[PDB]
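Read the sequence lines top to bottom; their chains are A, B, and onward. All residue numbers given for chain A refer to the PDB entry; the residues shown span 79-412 in order. Residue numbering in chain B adheres to the PDB entry, whereby the residues present occupy positions 86-412 in order. Note that chain C carries the PDB entry numbering, so the residues on display, from first to last, are 79-412. Here the PDB entry sets the residue numbers for chain D, with the shown residues being 86-412 in order. Order of listing sets the numbers, starting from 1, for every ligand and every atom in it. Atom set for the values below is all heavy atoms of this structure, side chains included, hydrogens, waters and symmetry mates excluded.
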There are 4 protein chains.
Amino acid sequence: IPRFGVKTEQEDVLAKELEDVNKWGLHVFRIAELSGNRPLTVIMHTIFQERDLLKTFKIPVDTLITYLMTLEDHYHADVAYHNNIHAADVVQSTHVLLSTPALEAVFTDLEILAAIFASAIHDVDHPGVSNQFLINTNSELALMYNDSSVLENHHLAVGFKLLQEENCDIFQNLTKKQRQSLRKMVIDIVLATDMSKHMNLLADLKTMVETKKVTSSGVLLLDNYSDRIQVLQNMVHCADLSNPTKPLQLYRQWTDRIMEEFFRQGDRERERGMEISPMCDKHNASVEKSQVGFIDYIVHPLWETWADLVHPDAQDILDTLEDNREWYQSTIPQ
Amino acid sequence: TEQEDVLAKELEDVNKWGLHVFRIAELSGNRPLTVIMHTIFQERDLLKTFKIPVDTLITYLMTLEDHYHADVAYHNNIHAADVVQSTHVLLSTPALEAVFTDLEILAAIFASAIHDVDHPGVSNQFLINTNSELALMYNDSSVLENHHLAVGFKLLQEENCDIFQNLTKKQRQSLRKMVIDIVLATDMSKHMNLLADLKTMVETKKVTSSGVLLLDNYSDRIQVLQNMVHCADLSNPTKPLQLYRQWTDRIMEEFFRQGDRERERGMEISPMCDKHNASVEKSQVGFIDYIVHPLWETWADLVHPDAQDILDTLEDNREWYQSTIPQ
Amino acid sequence: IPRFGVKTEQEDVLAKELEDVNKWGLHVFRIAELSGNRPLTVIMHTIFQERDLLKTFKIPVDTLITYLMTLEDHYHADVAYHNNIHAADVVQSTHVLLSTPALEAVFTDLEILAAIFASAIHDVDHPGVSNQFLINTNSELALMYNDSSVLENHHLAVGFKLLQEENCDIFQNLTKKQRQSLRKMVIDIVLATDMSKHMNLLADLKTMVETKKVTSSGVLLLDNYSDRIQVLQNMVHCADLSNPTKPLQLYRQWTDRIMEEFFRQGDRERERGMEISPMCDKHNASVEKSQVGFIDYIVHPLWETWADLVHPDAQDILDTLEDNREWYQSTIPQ
Amino acid sequence: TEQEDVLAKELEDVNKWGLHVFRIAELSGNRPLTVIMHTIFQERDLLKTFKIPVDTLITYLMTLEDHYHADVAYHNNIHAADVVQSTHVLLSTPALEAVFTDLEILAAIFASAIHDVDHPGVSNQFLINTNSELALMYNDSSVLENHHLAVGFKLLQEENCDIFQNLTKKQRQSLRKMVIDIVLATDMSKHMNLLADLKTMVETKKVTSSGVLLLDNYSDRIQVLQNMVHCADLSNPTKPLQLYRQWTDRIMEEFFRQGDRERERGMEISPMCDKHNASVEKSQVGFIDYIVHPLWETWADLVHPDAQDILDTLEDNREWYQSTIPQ
Ligand SMILES: COc1ccc([C@H]2CNC(=O)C2)cc1OC1CCCC1
Ligand SMILES: COc1ccc([C@H]2CNC(=O)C2)cc1OC1CCCC1
Ligand SMILES: COc1ccc([C@H]2CNC(=O)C2)cc1OC1CCCC1
Ligand SMILES: COc1ccc([C@H]2CNC(=O)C2)cc1OC1CCCC1
Ligand SMILES: [Zn+2]
Ligand SMILES: [Zn+2]
Ligand SMILES: [Zn+2]
Ligand SMILES: [Zn+2]
Ligand SMILES: [Zn+2]
Ligand SMILES: [Zn+2]
Ligand SMILES: [Zn+2]
Ligand SMILES: [Zn+2]
């Protein structure tokens, strides 16, 4: 029954931080500390209230919080990058992207709910290792998902499964039609987060930009499920790949975390007598170069395309990415 | 005794299109998949090539066959034996002579044998609509096909059932990836794509100085195997009318049963599952015209003219059913 | 199945057979036939209405029918004995046992609900082979349940799991308290149907009958949970082992079905080179002898003890058992 | 290597009851389970005896230890290492010399190693109340223990992890049964009877020629093994005070975190899990008085007098905590 979803006497400082919920560059780490490591629960609660999703979908308030806490409890606290903080961050970034001027009134509430819920569960119960590692070891997960998008299929199943715990079904008052539509979009979005799908996603996105249509209002025209879900997929995907576009201070912390996680896998791999995966070798690591390359061949190409689709709404995000790209470049030891 | 002699006579057509699979099922005490698989395995000296202890092969086959539903009219062990035998025939076609390795041959055959294991008699969509545990587990995507794979492989783990116990790590690794690629291709929701990309291949077709089809990379190799097994799965209409008619009676019984269940549950009845407003004859012609014939005609172009006789039996059965529609 | 609010031919016939639902010896096989192979759904529905369980527990009728059909759909039609007709039989039998005068007003509606629900799901998804066969073949079911009460654990897991399919949660309106109590009782009852528990289960029933206490009206007195659940467990165990107490005409059909199922397992075991389980070899079977043994060592000792518990309430039932015993005895070919 | 020596030195106590398991955890890069298990397996020549390839042993150990949650304060790889090492010491109790076969010894050490694998840091009742997937799968009965067994055995199926590959079908069947019997008995709800039967076995106690414990039937042999591992799992209070207080701090951190989770959810806060109404000291004394002491009193009363030093340490530790009880 508390103000932001959880109990905390630093509630005033947290309240002040959550004022930036609609802003790119939210101090998600401070919010994580101030909420007692409940960034996903408080940030989702704030966004649901802000968007009036509880009333619109008849979600009892206690059910929402029980589910959110349950969901957050299933992200691993010992995983440096793919944890609840990353989940909270993607949820909040997706929230900002959905509010872009070029997309106003374009998506329905159910579609908005789907993008946000998808963002919240997109990495749930991530072991801290890649699909390839899960595949090489013949893990039960790899076997159940026939080696195809193992982690991603797993994130979805868990997200939906938790809905079944006590007082966790936040979709209990949606009609069958709403639940099927929602479920489909969510699945379509989370499966798209698998990096092995990046190129085809980006390709289709560019195509859409090439044939970009806008209504009498200055907003994007999306006439069919295919184009709609495609935008939602690239949106969430952009949010999942938005670290380099945040204020350097936040970006650098994500870099330290993604590397700390990659090195754990690297170590675990050499212990098991496996070939150390790329960028997972703390002994042969070029953190800076790696980040620059990540931007040059992945992040910038994606955000440059998204920027065109919603031009000029994302111009500042793109400028920050470039400023950050140059910082790391200047950090590469020679 | 008399039983063995009759069954052995029938097993003699194992390499021919039109095997009396229904007779074999009867005579083998309902073990058509086990007897036909073992038959084919010896016929291809597969037990020797991959050093598969015989007792282990029979144990696994009976196990796999046991996980096919006896109460399911169409998607049962007979269908499985049929797709296995049919793929066995397509593998021996002239244009593919000496093309595939013993390992790839094993994969297409294994894939065929498990492609529908533990089939419940209802479609993916029915399992999705009812929120089945299976659908939730595979996120509504190729639900049954993913399950067929999982069961097929998991069954290798039962007592004295690992028929790949002697294959090397590299072999197992390669087999697993091909079977997954093959079975997942059986999902009809992926028919249009397979057929479209199969035609694209026939247009860039490349025959070697041996008159045999040339397949360089894995992508080309697998696509042919996926389509081969896909044609085998969709071969009922190209078989002798005697068999084809039985397959039709069986699939309709299964579809009608799904419709009765949907009617029970108040769900909307699926197309061709309403026993009160059905047109079996008409549906069969439509199935051949928009799906079966379009596909088998493409396969004919790839192995021209190896499948000419199959393609003619289809057009023939097509007419038989057409001249059956009342007025 | 009806037509214009007025019943159809078969339904009427089914309705007239269902009038003996409160009687020992219902023509359950005729009902299976008349109901289009839906004996479990029709009998469960008849009983829920008779005991007013839908109003008492606010179960929407459509939800109940949907779950019942779903539950019945998970019993294997290709299994001769452990199928939906058996489930229906144990349900109707438990139902008759609950109405014994010696137990009037003893149990609450929740306990009555648990006894009935447990009966309905007690053998769901039975594969037609024993626990030992699943253990010796290293089935995944055996692995999942660590070879302990494999099938009984599975029956339970499936029975509860089905409540989660579309519009199948018949307990959606019970409070958490009612659900946790119902669930514990159902679990305790079903796990007790494992024959390996028979001896200890019977020992405690006798012990209870030894210390039997009545309210000078015949009405048994069950204070604590330990005695209440024990009686319920034994009740459903009796229903499960009630075939030998039904009119011979019914009993013989059950005997033919169990033998068919046992012989099939033997066939599979002989195929697989496994040793043939007791009474599973069709080439060396003593059907009449086996039934005699089954009655003398298991069924008669159980029912005689139950006869004592509710005496004289089960005198007729015991009389039928002994008569069927003699009949089978005189049938043994010398 | 500078530390490799220190670690190797610390390992000179692998056979001593009081090993600084925490030190081994640090010096080994947090691989106390893999390290202790390897040392002990060689210590007993288990590798050669059962023909267990070193690779497969280390790979499974790392794979097993990796499924222990590093975020959990008490039920983690360190606790697992401690229980393996402890069971190891007890197995060497003179009153048991030559009593157990190598397969029975492997069974008790393996069980120990996986007895808490994949523990989420919350109790069975917490999983039951929340309607967790695990509880629904295991029907609220020994939920976690069933899970610990499942994961322990399943991890043998991963890449080069099956350490029991070279065992006959008879060995494997017996090992599996024994392990299951041991881990399932670690469920505290099984405590009262497990102790009851242990006492009875001590009354009718009987020794052989050498004067070593006489265990005829499986029932008795497994009962001794079940209780042995149970004592190892309930051995914290019997270790030197320094180690004991570390464990106490650890269980309490875990318990309070559950209480915090129960409180966030408006759930009833479980006994001793409320950091606002805690009696850490009084609870340790109650734990020793009503559970740990009666248990160890009987064990030492079965391996008389090998566990005398242990029992006395326990009693000393109890008094220390008792003096820390406010009021
Ligand atoms: C903070 O930077 C990164 C931020 C986010 C990611 C996600 C994309 N794929 C993943 O597995 C995680 C990778 C990053 O760095 C990668 C680029 C170079 C090395 C790792
Ligand atoms: C030979 O009959 C058929 C045999 C096999 C199939 C497979 C294709 N999809 C399935 O689910 C099974 C369809 C048939 O015809 C059906 C299509 C229209 C009516 C029946
Ligand atoms: C009425 O027949 C029987 C009906 C029901 C059972 C249950 C008890 N155990 C089971 O596996 C099923 C046994 C029967 O008789 C058996 C005893 C000897 C041969 C078959
Ligand atoms: C070192 O202390 C303890 C050590 C070990 C345990 C086992 C018993 N249950 C578990 O989950 C672990 C309890 C302890 O103390 C408890 C007793 C009273 C409060 C906590
Ligand atoms: Zn991800
Ligand atoms: Zn992510
Ligand atoms: Zn299929
Ligand atoms: Zn098929
Ligand atoms: Zn049963
Ligand atoms: Zn039964
Ligand atoms: Zn434990
Ligand atoms: Zn433990």
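Located at ligand 2, the drug is listed as rolipram.
In this PDB structure, the PDB entry names the chief binding partner of rolipram (ligand 2) as cAMP-specific phosphodiesterase PDE4D2. With heavy atoms closer than 4.0 Å, the chains neighbouring rolipram (ligand 2) read B. Heavy atoms under 4.0 Å from rolipram (ligand 2) belong to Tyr159(B), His160(B), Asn321(B), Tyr329(B), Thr333(B), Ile336(B), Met337(B), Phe340(B), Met357(B), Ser368(B), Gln369(B), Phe372(B). Among protein heavy atoms, atom 11 (O) of rolipram (ligand 2) sits closest to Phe340(B) CZ, 3.6 Å. At the shortest separation from atom 9 (N) of rolipram (ligand 2) among protein heavy atoms lies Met273(B) CG, 4.3 Å. Among all protein heavy atoms, the one lying closest to atom 5 (C) of rolipram (ligand 2) is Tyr159(B) OH, 3.2 Å.
Near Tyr329(B), meaning under 4.0 Å from any of its heavy atoms, are these atoms of rolipram (ligand 2): 1 (C).
Protein heavy atom closest to atom 6 (C) of rolipram (ligand 2), with residue, atom name and distance, is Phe372(B) CZ, 4.1 Å.
The source field of the entry for chain B reads Homo sapiens. Considering backbone and side-chain atoms alike, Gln369(B) places an N or O below 3.5 Å from some N or O of rolipram (ligand 2). Most residues around rolipram (ligand 2) in chain B come from the UniProt domain PDEase. Ranking the protein heavy atoms by distance from atom 4 (C) of rolipram (ligand 2) puts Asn321(B) OD1, 3.3 Å first. The residue in chain B annotated by UniProt as active site that sits nearest to rolipram (ligand 2), with heavy-atom distance to 1 Å, is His160(B), 4 Å. Among the UniProt-annotated AMP-binding residues of chain B, those with a heavy atom closer than 4.0 Å to rolipram (ligand 2) are the following: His160(B), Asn321(B), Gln369(B), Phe372(B). Near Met357(B), meaning under 4.0 Å from one of its heavy atoms, rolipram (ligand 2) places the atoms 18 (C), 19 (C). For atom 3 (C) of rolipram (ligand 2), the closest non-hydrogen atom of the protein is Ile336(B) CG2, 3.6 Å.
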